[PDB]
*Asks:* 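Sharing a structure here in structure tokens format.
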Protein chains: 2
Amino acid sequence: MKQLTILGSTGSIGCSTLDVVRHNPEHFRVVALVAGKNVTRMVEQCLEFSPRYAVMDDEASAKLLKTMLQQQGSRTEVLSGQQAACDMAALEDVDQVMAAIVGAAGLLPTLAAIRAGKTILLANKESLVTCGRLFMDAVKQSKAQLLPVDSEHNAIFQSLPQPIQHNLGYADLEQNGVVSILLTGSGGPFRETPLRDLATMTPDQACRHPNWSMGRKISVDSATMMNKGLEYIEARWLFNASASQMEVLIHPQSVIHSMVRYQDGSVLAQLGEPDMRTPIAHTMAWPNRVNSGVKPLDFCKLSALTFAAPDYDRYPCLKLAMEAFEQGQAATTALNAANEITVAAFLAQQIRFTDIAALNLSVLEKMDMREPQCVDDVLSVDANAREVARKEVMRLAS
Amino acid sequence: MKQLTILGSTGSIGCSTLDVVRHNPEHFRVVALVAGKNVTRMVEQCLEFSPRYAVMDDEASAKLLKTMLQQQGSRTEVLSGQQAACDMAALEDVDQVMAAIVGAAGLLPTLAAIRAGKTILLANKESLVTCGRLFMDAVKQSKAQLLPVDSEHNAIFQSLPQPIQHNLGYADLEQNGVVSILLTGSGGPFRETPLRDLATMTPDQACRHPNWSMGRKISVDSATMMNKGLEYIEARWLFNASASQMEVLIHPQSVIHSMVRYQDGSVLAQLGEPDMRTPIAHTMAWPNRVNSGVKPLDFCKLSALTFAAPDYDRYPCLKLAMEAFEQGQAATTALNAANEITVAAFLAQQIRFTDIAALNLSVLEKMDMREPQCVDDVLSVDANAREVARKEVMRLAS
Ligand SMILES: O=CN(O)CCCP(=O)(O)O
Ligand SMILES: O=CN(O)CCCP(=O)(O)O
């Protein structure tokens, strides 16, 4: 049996993970849950799965949680704060850590799992994006295996040969017959919205994906295709791909999740319901398989599958991300940080949908700092870009 | 370097194989070519690749070939007949045998390659279909590895886990996380032809596939979906799949070549240009890859990808094949044999398109023989069904 620390347990991916545990009680045990402020969701999960430990980011949420747990008589112990999360990620009995915190705040707990040599179920793209080569070196240095949970990188992983799967980020694509990695592709809810209407789209419209049901941050990123931008950066580290070994396609139907192009002309792809339980279950059971709760994809009830090149006038954030990778790690760390601040500002009705790409661009220009040489440098660049992004947001606020 | 005997070299798959050798002269050498009666094509191939040996099925064709080769001064030696083909398949220096003869006539040379422990690039579905468990036992008994060349089984193979790839036909699908195998799917050139017009379709119309450019036999089988019927039978042996582990879909665009359904909801698929060089190159280079001459699939210039359940009123041959597998090996051997005779009769303008399924059904009913216990029994059943099918054809001739 394999035992779990879930980072970001109350989130969309966290809840999907627990649903896989739920369907496979004889294969998977949760030792620790880590979350932020959603106390009701966390109390549901603690009462259901009886984890050894539960961590909340702030102490007030931890107290509310503990009060309810000791009333019901739960054996689950409650802690709070970032260091507690890092300790939960490194517990001896833990085999796998689901890294599903949103944003760069997930970085330190994820790195702690990595240093403890844990199998990392990686669903926190912002951490690899913001940390890059330093993240990949921490993985190589330790006994840890990365297993991509994000739907796209998971599909790529499944469609890659074993020498790459077993040496992720360090193996040579070309020697293993890989020509390129095909990153798809939904296009968001406004793929067919007139360009000139984009600025009037509300947070609720942006968070309503036709196919996916995920968190608000990721839904907005899908709308701007910053999600694909972040995944483009991440895929380059995870799979050791150059710019010429990356293609980005829009696939509106979200059936194909991504693909790998080989030298003989073959393209290998993963398909399925747009449901995170599938890629999560893939990583948790790898190299075997388990039921994930997701039913068989019915090919006779599908929409016709299409593809299209991304239009950078529609999706300026994609351009920003792809070019940030070329500009280096400081620009990338700062882009991620800015986008966290501007997406939050959009969701809090402080700026418009199209202001995200505008202010992200502005922050990048105003950033003037050196390439990070360590994790502390990554965090200084992050914190600084957050400060500049907050100032820029105030630039377009009522 | 790997060295080749090609069985059926002058055919569509044979020519596609030689094109892969052509693009990879430093990886692949042809020791022997085996063909039938197409002397011009065979002389082209002998003069180009300078094989050690060339075999033609009849002695008159061998003579015409030899006359031209010794005029030009070629070192290639010419032989004729079936036993010669079997010897070519077992030469010491041969590493791989492309089994690309059409029909059950390919059986004996393919079995000779198998007994010699050769890597079998298997593109002769009629042989496995007609020989079944006996074929798979010959493979298991010897040192031979099957590598499926047919576009569909190749796609399945690429989309299967390594434990299955390395123990093909004997490994358990369910233990390796496989729920089912999804066999696709073109539907032929008459997929959208009114049912009532099918009977007026000519051989030239039947042989014009929108996507594939292959031999006449396989093109007619694609039109009736007997191709899928034969591939259904073959896939059950190759992948150790039961009836409940097989799904058959129409995919009109021939981009997806087939798929594998896993327990967590994942579906793995191979995609590409509908071009046999790709699956051929996959098998020849396995577990590595080579350029096959096929260019990268352009997803931005594709038709929208669709799927549909097969309609047995449109494709009665599919029903015949799927039910023949249940009826056992004699019925299957006899169905294949009948279909070879009736497809030939259709191409020779002796019967109509729709007469293929009718006479195939008739032959099956008239067959009354025991399940084959050995290869000789397989050939008696085959020869007998050919005789009955010829008689039935005469039933509807002018
Ligand atoms: O893990 C799943 N995702 O990343 C969501 C994909 C939505 P997009 O294709 O619009 O980025
Ligand atoms: O190897 C390639 N084929 O089998 C040709 C497929 C044509 P179909 O899908 O109509 O059977």
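In what follows, chains carry the letters A, B, and so on, assigned in the order in which the sequence lines appear, proteins first and then strands, with residues in each chain numbered from 1. No hydrogens, no waters, no symmetry mates; every other heavy atom, side chains included, goes into these values. Atoms within a ligand are numbered from 1 in the order they appear, just like the ligands themselves.
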*Asks:* Report the drug at ligand 2; options are nitrofurazone, desflurane, sevoflurane, fosmidomycin, tegafur.
*Replies:* fosmidomycin
*Asks:* Counting heavy-atom pairs under 4.5 Å, which macromolecule has the most such pairs with fosmidomycin (ligand 2), as named in UniProt?
*Replies:* 1-deoxy-D-xylulose 5-phosphate reductoisomerase
*Asks:* Please list, by chain letter, the other chains with any heavy atom under 4.0 Å from fosmidomycin (ligand 2).
*Replies:* B
*Asks:* For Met276(B), take its heavy atoms, then give the atoms of fosmidomycin (ligand 2) lying under 4.0 Å from any of them.
*Replies:* 1 (O), 2 (C)
*Asks:* Distance to 0.1 Å, residue and atom name: give those for the protein heavy atom nearest to atom 6 (C) of fosmidomycin (ligand 2).
*Replies:* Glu152(B) OE2, 3.0 Å
*Asks:* For fosmidomycin (ligand 2), is there an N or O atom under 3.5 Å from any N or O atom of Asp150(B)?
*Replies:* no
*Asks:* Using a strict cut-off of 4.0 Å, indicate which atoms of fosmidomycin (ligand 2) neighbour a heavy atom of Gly185(B).
*Replies:* 9 (O)
*Asks:* When you measure from the heavy atoms of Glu231(B) to every atom of fosmidomycin (ligand 2), does any distance fall below 4.0 Å?
*Replies:* yes
*Asks:* Looking at fosmidomycin (ligand 2), does any of its N/O atoms fall within less than 3.5 Å of an N/O of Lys228(B)?
*Replies:* yes
*Asks:* Under a 4.0 angstrom heavy-atom cut-off, which atoms of fosmidomycin (ligand 2) come close to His209(B)?
*Replies:* 10 (O)
*Asks:* Can you confirm, on distance only, whether fosmidomycin (ligand 2) has an N/O atom lying under 3.5 Å from any N/O atom belonging to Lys125(B)?
*Replies:* no
*Asks:* What part of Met225(B) sits under 4.0 Å from fosmidomycin (ligand 2) if we count only heavy atoms: the side chain, the backbone, both or neither?
*Replies:* neither
*Asks:* Give the residue and atom name of whichever protein heavy atom lies nearest to atom 11 (O) of fosmidomycin (ligand 2), and the separation in Å to one decimal.
*Replies:* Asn227(B) ND2, 2.5 Å
*Asks:* Report, in ascending order of atom number, the atoms of fosmidomycin (ligand 2) lying under 4.0 Å from any heavy atom of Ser151(B).
*Replies:* 1 (O), 2 (C)
*Asks:* Which atom pairs, nitrogen or oxygen on both sides, join fosmidomycin (ligand 2) and the protein at under 3.5 angstrom?
*Replies:*
{"unit_1": "fosmidomycin (ligand 2)", "atom_1": "1 (O)", "unit_2": "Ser151(B)", "atom_2": "N", "d": "2.9"}
{"unit_1": "fosmidomycin (ligand 2)", "atom_1": "3 (N)", "unit_2": "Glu152(B)", "atom_2": "OE1", "d": "3.4"}
{"unit_1": "fosmidomycin (ligand 2)", "atom_1": "4 (O)", "unit_2": "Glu152(B)", "atom_2": "OE1", "d": "2.8"}
{"unit_1": "fosmidomycin (ligand 2)", "atom_1": "4 (O)", "unit_2": "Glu152(B)", "atom_2": "OE2", "d": "3.4"}
{"unit_1": "fosmidomycin (ligand 2)", "atom_1": "4 (O)", "unit_2": "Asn227(B)", "atom_2": "ND2", "d": "3.3"}
{"unit_1": "fosmidomycin (ligand 2)", "atom_1": "4 (O)", "unit_2": "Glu231(B)", "atom_2": "OE2", "d": "3.3"}
{"unit_1": "fosmidomycin (ligand 2)", "atom_1": "9 (O)", "unit_2": "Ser186(B)", "atom_2": "N", "d": "3.1"}
{"unit_1": "fosmidomycin (ligand 2)", "atom_1": "9 (O)", "unit_2": "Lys228(B)", "atom_2": "NZ", "d": "2.8"}
{"unit_1": "fosmidomycin (ligand 2)", "atom_1": "10 (O)", "unit_2": "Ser186(B)", "atom_2": "OG", "d": "2.8"}
{"unit_1": "fosmidomycin (ligand 2)", "atom_1": "10 (O)", "unit_2": "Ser222(B)", "atom_2": "OG", "d": "2.8"}
{"unit_1": "fosmidomycin (ligand 2)", "atom_1": "11 (O)", "unit_2": "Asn227(B)", "atom_2": "ND2", "d": "2.5"}
{"unit_1": "fosmidomycin (ligand 2)", "atom_1": "11 (O)", "unit_2": "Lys228(B)", "atom_2": "NZ", "d": "3.1"}

